[PDB]
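Some notes on the structure that comes next.
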Amino acid sequence: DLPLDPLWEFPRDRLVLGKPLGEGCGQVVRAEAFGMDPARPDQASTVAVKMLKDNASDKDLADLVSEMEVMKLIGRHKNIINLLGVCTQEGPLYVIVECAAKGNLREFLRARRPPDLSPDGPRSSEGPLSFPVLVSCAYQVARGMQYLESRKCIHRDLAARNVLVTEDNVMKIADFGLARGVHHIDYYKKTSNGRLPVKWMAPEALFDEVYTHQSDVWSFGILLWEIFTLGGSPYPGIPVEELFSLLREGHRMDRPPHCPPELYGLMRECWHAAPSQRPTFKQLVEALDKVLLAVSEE
Ligand SMILES: C=CC(=O)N1CCN(CCCn2c(=O)c(-c3c(Cl)c(OC)cc(OC)c3Cl)cc3cnc(NC)nc32)CC1
């Protein structure tokens, strides 16, 4: 059956599968792994494991294998979900990646929105989220995307919900190696979560089925809006039908409340019609870095 890759192959009996982590289009499971670091063979670690759905066609198998091989080639970076190991021999196909304890960025932000709350303590009107951390989140997603771009990897669905947050609040770009079938997209279809993925698509991607890294930049611009709305849904109260014509008329989202003009400027820059007139991820990393270092250091 599948070829043995000793560099990545991990003994399946060293896995202890646990509770699911989400939906997927295979099954994702939180698992316990022993000896992932071969220097510490009896040391436990929490990982994420992707497997095949019950009654999976040969396509579902080919998709996961394809996704497995993409992650091998892209390599390691602190701001993406990294491949840890695989199980290809003598049993079902397992793909083992890093686990993000705090879930996706959208839920992270929404669950940490600021407080008519009865004031206790010295910091009652002080929410968990502060401006510099928000910028840091944006900066990390940018650096992560930059790495992917350098690996000639286009995400095609960059969004706050496709960014994962670790125990130490590190942003990791999720699901970057998926074959999402961009020729059969139901633009009207609303996900289980209530999301309309069409709201993250660049015009050249939506209208012309053209994806580039500049297409991801457009998406990143939408992600920027999500961050500083603390998990707000883009184009509020606009159904897909209206979004079509609005985008054709060149409509853009308004400046969100409590958002400095520097960042709304970057958003609008990412939403420039001409892809060449949008910033690169390298420029985004640099721009966001300047804002990050401009914080008051007491
Ligand atoms: C697409 C529709 C959908 O409805 N959904 C539900 C939400 N979404 C679940 C997040 C659960 N989840 C993953 O899918 C992965 C993960 C990632 Cl990103 C990979 O990218 C390359 C690859 C991979 O296998 C190869 C795994 Cl297994 C890693 C991961 C780490 N941590 C956590 N904790 C919540 N959850 C993860 C999966 C997509």
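By the PDB entry numbering, chain A shows 453-477, 479-568, 571-753, in order. We count ligands from 1, going down the list as the structure has it; atoms in each ligand are counted the same way. Keep in mind that the numbers below use all heavy atoms, side chains included, and drop hydrogens, waters and symmetry copies. Header says: X-ray crystallography, 2.3 Å.
Drug at ligand 1: PRN1371.
In this PDB structure, UniProt names the chief binding partner of PRN1371 (ligand 1) as Fibroblast growth factor receptor 4. The binding site of PRN1371 (ligand 1), defined by non-hydrogen atoms within 4.0 Å, is formed by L473, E475, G476, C477, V481, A501, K503, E520, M524, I534, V548, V550, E551, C552, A553, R616, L619, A629, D630. Residue contacts with PRN1371 (ligand 1): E475 is placed with no nitrogen or oxygen under 3.5 Å of a nitrogen or oxygen of the ligand (distance criterion only). Scanning the protein for heavy atoms near atom 1 (C) of PRN1371 (ligand 1), the closest one is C477 SG, 3.3 Å. Atom 29 (C) of PRN1371 (ligand 1) has its closest protein heavy atom at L619 CD1, 3.5 Å. In terms of polar-atom proximity, defined here as any N/O pair under 3.5 Å, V481 makes no such contact with PRN1371 (ligand 1). Of the protein's heavy atoms, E520 OE2, 3.2 Å lies nearest to atom 22 (C) of PRN1371 (ligand 1). Protein heavy atom in closest approach to atom 37 (C) of PRN1371 (ligand 1): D630 OD2, 3.6 Å. Lab note: contacts of chain A with PRN1371 (ligand 1) map mostly to UniProt domain Protein kinase. Under the PDB entry, the species noted for chain A is Homo sapiens.
The residue of chain A annotated as active site in UniProt and closest to PRN1371 (ligand 1), together with its heavy-atom distance to 1 Å, is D612, 7 Å.
Here's the thing with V502: none of its N/O atoms is less than 3.5 angstrom from an N/O atom of PRN1371 (ligand 1). The protein heavy atom nearest to atom 35 (N) of PRN1371 (ligand 1) is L473 CD1, 3.6 Å. Distance check on atom 7 (C) of PRN1371 (ligand 1): some protein heavy atom falls below the 4.0 Å cut-off. In this structure, the protein non-hydrogen atom closest to atom 5 (N) of PRN1371 (ligand 1) is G476 N, 3.2 Å.
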Sub-3.5 Å pairs, protein N or O with PRN1371 (ligand 1) N or O:
unit_1, atom_1, unit_2, atom_2, d
PRN1371 (ligand 1), 4 (O), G476, N, 3.3
PRN1371 (ligand 1), 5 (N), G476, N, 3.2
PRN1371 (ligand 1), 20 (O), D630, N, 3.1
PRN1371 (ligand 1), 31 (N), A553, N, 2.7
PRN1371 (ligand 1), 33 (N), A553, O, 2.9

